[PDB]
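Lab note: Fab 43.1 Light Chain, fluorescein bound.
To find a chain's letter, count down the sequence lines: the first is A, the second B. In chain A, numbers come from the PDB entry; the residues present are 2-127, 134-212, in order. We number chain B the same way the PDB entry does; the residues here are 1-218, in that order. So this one's X-ray crystallography, 2.4 Å, going by the header. Order of listing sets the numbers, starting from 1, for every ligand and every atom in it. Side-chain atoms are counted along with the backbone in the values below, which use heavy atoms only and exclude waters and symmetry mates.
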Amino acid sequence: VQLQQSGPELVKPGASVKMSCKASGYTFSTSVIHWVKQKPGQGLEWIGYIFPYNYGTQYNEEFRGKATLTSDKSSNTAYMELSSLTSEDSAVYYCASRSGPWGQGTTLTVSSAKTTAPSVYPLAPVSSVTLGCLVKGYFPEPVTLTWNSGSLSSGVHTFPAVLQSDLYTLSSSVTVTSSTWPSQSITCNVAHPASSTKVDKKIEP
Amino acid sequence: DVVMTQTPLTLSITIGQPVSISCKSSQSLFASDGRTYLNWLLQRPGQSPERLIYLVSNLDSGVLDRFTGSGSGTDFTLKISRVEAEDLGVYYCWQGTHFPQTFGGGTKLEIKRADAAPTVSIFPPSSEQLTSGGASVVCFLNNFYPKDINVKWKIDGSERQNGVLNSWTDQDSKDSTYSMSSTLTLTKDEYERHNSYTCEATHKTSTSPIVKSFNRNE
Ligand SMILES: O=C(O)c1ccccc1-c1c2ccc(=O)cc-2oc2cc(O)ccc12
């Protein structure tokens, strides 16, 4: 059994958002679903829970007028609606089953700022040869990074993004043997959901 | 609200040694129905939490038998008989006896390995970035141990602190090492006015810096 959450969202302040959490046909219709908030580099905060059959809920007093927990029995889906969104609502939100599973999380960015497409640059070097990929100037978070569509994953270090100043930037390194590159092809594959961009950049000597 | 105090704040342990994490509640977790609602979660780097233990001592499915949970009332304990690299992360206790439900602050578990030196790599601005009028110089300091490291950027014999954007990874389970990335952002022009670009790494493993350089005009 596993819980699949809805994709990331960027919403303007004052507006409202609705997230989904879906499990297999069994567990959800009998188990309690909790909702938890986690701000980057911080601990966990319980928002509330919802009961299966009876549609009964319980809220943390801090979220009384912020969150609203609902469930669709027919589709095995629990929802969380957050209202009058503030920068303080920018965080990762998880759903957690009383019977064990947790969702992957849904990232929420509360910002006035505009959706920017990322600039993708191939980092060519000047036993093993290290290659790179720079992902500069994009908004909001997150982005997805793979090497050669996925056939390269072993010797890879993907780094977290940093904020400066509108606008986020992150990098990734791939260390393969001196014989592997440039005899065989190594390409970088970046994807930003918000800007609807899918970039593929070949690392060239 | 029930305050959940976790001790120690951090734990650094050698592979195969025992680990003990404490969780103390401000109120008894013994409920009106005779049950005790205390859960233990592990947050792995770049992952959502996962529950290891429920109702003081029950192990979740797939949780290795080296994990043991115990306690009663206001004092709880999570134990690892002989630690493994895949056990690293932040440990959180979760109470459900009182409302609102609350979590402990966390306990960071870092794995102890033999001190490794960073593999330094330097990258000049790509041709593409230079076309678009931008200039970023990237430097990777990969697979080192311990975590404390200093990245100094030198341009033509002088230190540069402006335009520097540093980013660290959390300890990898696969080799118990830390990695880091540094970026020096300049305008194409500032970049074109300088020639020698250095990435110095100051660590414990060597005396003294691990220097990587390139000449723009080369
Ligand atoms: O799911 C919860 O509410 C919960 C939160 C923290 C700690 C334990 C629980 C928990 C329960 C809490 C209160 C209650 O009345 C019943 C609970 O039942 C559980 C059953 C589990 O299998 C596993 C866990 C629980």
Can you list the other chains with a non-hydrogen atom under 4.0 Å from fluorescein?
A, B
Mind listing the residues near fluorescein? I'm using heavy atoms under 4.0 Å.
A:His35, A:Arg99, B:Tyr37, B:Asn39, B:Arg51, B:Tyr54, B:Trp94, B:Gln95, B:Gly96, B:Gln101
Return yes or no for this condition: an N or O of B:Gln101 is under 3.5 Å from an N or O of fluorescein.
yes
Looking at the PDB entry, what's the name given to chain A?
Fab 43.1 Heavy Chain
Which fluorescein atoms are under 4.0 Å away from a heavy-atom of B:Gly96?
5 (C), 6 (C), 7 (C), 12 (C), 13 (C)
Atom 11 (C) of fluorescein - nearest protein heavy atom and its distance:
B:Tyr37 CD2, 3.4 Å
Please identify which atoms of fluorescein are closer than 4.0 Å to at least one heavy atom of B:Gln95.
6 (C)
Atom 25 (C) of fluorescein: nearest protein contact (heavy atom, Å):
A:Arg99 CG, 3.9 Å
Would you mind running through fluorescein and noting each atom that sits below 4.0 Å from a heavy atom of B:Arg51?
23 (C), 24 (C)
Between A:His35 and fluorescein, is there a nitrogen or oxygen pair with a distance under 3.5 Å?
yes
Look at atom 7 (C) of fluorescein and say which protein heavy atom is nearest, naming residue and atom and giving the distance to 0.1 Å.
B:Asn39 ND2, 3.3 Å
